[PDB]
**Q** 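This PDB file has RVX-208 in it.
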Amino acid sequence: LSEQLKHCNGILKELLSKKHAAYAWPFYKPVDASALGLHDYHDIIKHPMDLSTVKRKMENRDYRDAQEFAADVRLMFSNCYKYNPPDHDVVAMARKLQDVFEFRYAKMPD
Ligand SMILES: COc1cc(OC)c2c(=O)[nH]c(-c3cc(C)c(OCCO)c(C)c3)nc2c1
């Protein structure tokens, strides 16, 4: 599972790469609810998550296994699906980035 954590890190790097930037960018940094006018965001979302936070946790060796890492990535998408009207542009972007994630996560080495 050092090997599994390296697969996870590879996924993370891909998610942050220019390849996916057109739909990944809203996930780069924590949602700035204040800035955006989303004054209910932190009443609705108990545990914010974003790719910069996942990167910091990987860098700090916070994740002890692939499943812990995946839980944070899925939390980030679930927060998006919870908060937003399902026709919002950001939800379309979340679906696309999550397709990238789930297909490559599935290729995890034993
Ligand atoms: C700039 O990055 C983001 C990332 C986001 O999530 C990962 C979101 C997100 O979850 N919702 C919204 C968002 C923004 C506005 C101004 C909204 O009001 C529409 C008018 O009623 C709504 C419903 C959602 N913007 C994000 C921006």
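Positions are given from 1, in the same order as the sequence printed here. For ligands, and for the atoms within them, numbers begin at 1 and follow the listed sequence.
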**Q** Report, by its name in UniProt, the chain making the most contacts with RVX-208 (ligand 1).
**A** Bromodomain-containing protein 2
**Q** Starting from atom 25 (N) of RVX-208 (ligand 1), find the nearest protein heavy-atom neighbour and note its residue, name and distance.
**A** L36 CD1, 4.0 Å
**Q** Can you pull out the closest protein heavy atom to atom 8 (C) of RVX-208 (ligand 1)? Residue, atom name and distance to 0.1 Å, please.
**A** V90 CG2, 4.0 Å
**Q** Identify the protein heavy atom lying closest to atom 10 (O) of RVX-208 (ligand 1), giving its residue, its atom name and the separation to 0.1 Å.
**A** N84 ND2, 2.8 Å
**Q** Considering only protein heavy atoms, determine whether one is less than 4.0 Å from atom 21 (O) of RVX-208 (ligand 1).
**A** no
**Q** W25: heavy atom below 4.0 Å from RVX-208 (ligand 1), yes or no?
**A** yes
**Q** What covalent connection, given as residue and atom, links RVX-208 (ligand 1) to a chain here?
**A** none
**Q** With heavy atoms only and a cut-off of under 4.0 Å, state how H88 meets RVX-208 (ligand 1): side chain, backbone, both or neither.
**A** side chain
**Q** If you have a sec, work out which protein heavy atom is nearest atom 15 (C) of RVX-208 (ligand 1) and how many Å separate them, to one decimal?
**A** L38 CD2, 3.6 Å
**Q** Going by the order shown, which atoms of RVX-208 (ligand 1) are within less than 4.0 Å of some heavy atom of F27?
**A** 7 (C)
**Q** Of all the non-hydrogen atoms in the protein, which one sits nearest to atom 6 (O) of RVX-208 (ligand 1), and at what distance?
**A** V31 CG2, 3.5 Å
**Q** In the protein, which heavy atom is nearest to atom 4 (C) of RVX-208 (ligand 1), and how far is it?
**A** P26 O, 3.4 Å
**Q** Any idea which part of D32 is under 4.0 Å from RVX-208 (ligand 1), heavy-atom wise: side chain, backbone, both or neither?
**A** neither
**Q** Against RVX-208 (ligand 1), which UniProt domain of chain A provides the most contacting residues?
**A** Bromo 2
**Q** Just wondering, which residues come within 4.0 Å of RVX-208 (ligand 1) on a heavy-atom basis?
**A** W25, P26, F27, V31, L36, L38, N84, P85, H88, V90
